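Entry featuring fluoxetine.
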Amino acid sequence: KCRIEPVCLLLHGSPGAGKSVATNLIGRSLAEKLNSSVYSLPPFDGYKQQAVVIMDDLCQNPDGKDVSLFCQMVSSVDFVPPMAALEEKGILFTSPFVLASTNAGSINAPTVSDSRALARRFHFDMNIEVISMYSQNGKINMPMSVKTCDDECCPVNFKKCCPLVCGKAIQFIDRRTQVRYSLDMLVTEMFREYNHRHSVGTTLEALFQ
Ligand SMILES: CNCC[C@H](Oc1ccc(C(F)(F)F)cc1)c1ccccc1
Ligand SMILES: [Cl-]
Ligand SMILES: [Zn+2]
């Protein structure tokens, strides 16, 4: 149990809510801070210890295999993804971030213990809301949402701003506290938690716990 636990995000949205756009942008911003890239987990072909793993469109009813793998990934246990069937060598999983999206209001695992294990691991658990101006027919308008903002915007974690970044088009709502974030703000939060987990103070604290 020598690995720092990945920082994990779950986004709940609807099919047209731009869930995958959101995880892609959050993921890329975080990955760039670590000089790395994003890897989408095929539901481990192509995994190369990328800093950010994305799991898009989690089903509402994961089975025991889904639960088991996810709980390996998001933990402090050394974990070698299964690669034998791909005839590739075993390598330790080291991604410090895992982002997931789902259309489910609530994920329901097979047992309530399983549900507790998932809840423990989704540190950030947010609803996506698309702002009505930027949605037609239940589908987010990407041309509108990617259009560069004027200079009233100066983003923290991106080189330029658009409504996707600063909360004009999409917002993220904490499911426990109802606190609201722009995508940019959420990246700041996720990287702060990463820095917290990797700090000397935190790691030395664990010697006494
Ligand atoms: C095989 N069952 C559906 C595939 C699977 O769905 C999942 C649903 C939930 C979870 C968990 F456990 F909540 F993390 C993990 C996976 C999934 C979805 C997207 C990416 C990887 C795996
Ligand atoms: Cl149980
Ligand atoms: Zn903006």
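Positions are given from 1 along the sequence. This deposition comes from X-ray crystallography, 1.5 Å. Just follow the structure's listing: the first ligand is 1, and inside any ligand the first atom is 1. What you see below is based on every heavy atom in this structure, not just the backbone, and it leaves out hydrogens, waters and symmetry mates.
All copies of fluoxetine taken together correspond to ligand 1.
Counting heavy-atom pairs under 4.5 Å, the chain with the most contacts to fluoxetine (ligand 1) is listed in the PDB entry as 2C protein. Residues with a heavy atom within 4.0 Å of fluoxetine (ligand 1): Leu41, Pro43, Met55, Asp56, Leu58, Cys59, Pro62, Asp66, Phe70, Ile107, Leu118, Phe122.
Atom 9 (C) of fluoxetine (ligand 1) has its closest protein heavy atom at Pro62 CB, 3.4 Å.
Some N or O of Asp66 is nearer than 3.5 Å to an N or O of fluoxetine (ligand 1), by distance alone. Within fluoxetine (ligand 1), the atoms closer than 4.0 Å to a non-hydrogen atom of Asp56 are 19 (C), numbered from 1 in the order shown. Residue-ligand proximity, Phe70 to fluoxetine (ligand 1), at heavy-atom distances under 4.0 Å covers atoms 12 (F), 14 (F). In this structure, atom 13 (F) of fluoxetine (ligand 1) lies nearest to the protein heavy atom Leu118 CD1, 3.4 Å.
In terms of protein heavy-atom proximity, atom 7 (C) of fluoxetine (ligand 1) is nearest to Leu58 CD2, 3.6 Å. For fluoxetine (ligand 1), the atoms closer than 4.0 angstrom to any heavy atom of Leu41 are 20 (C). Besides fluoxetine (ligand 1), no ligands or ions with an atom closer than 4.0 Å to that drug are found.
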Could you go through fluoxetine (ligand 1) and list every pair where one of its N or O atoms sits under 3.5 Å from a protein N or O, giving the atom names and the distance to one decimal?
{"unit_1": "fluoxetine (ligand 1)", "atom_1": "2 (N)", "unit_2": "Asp66", "atom_2": "OD1", "d": "3.2"}
{"unit_1": "fluoxetine (ligand 1)", "atom_1": "2 (N)", "unit_2": "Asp66", "atom_2": "OD2", "d": "2.6"}

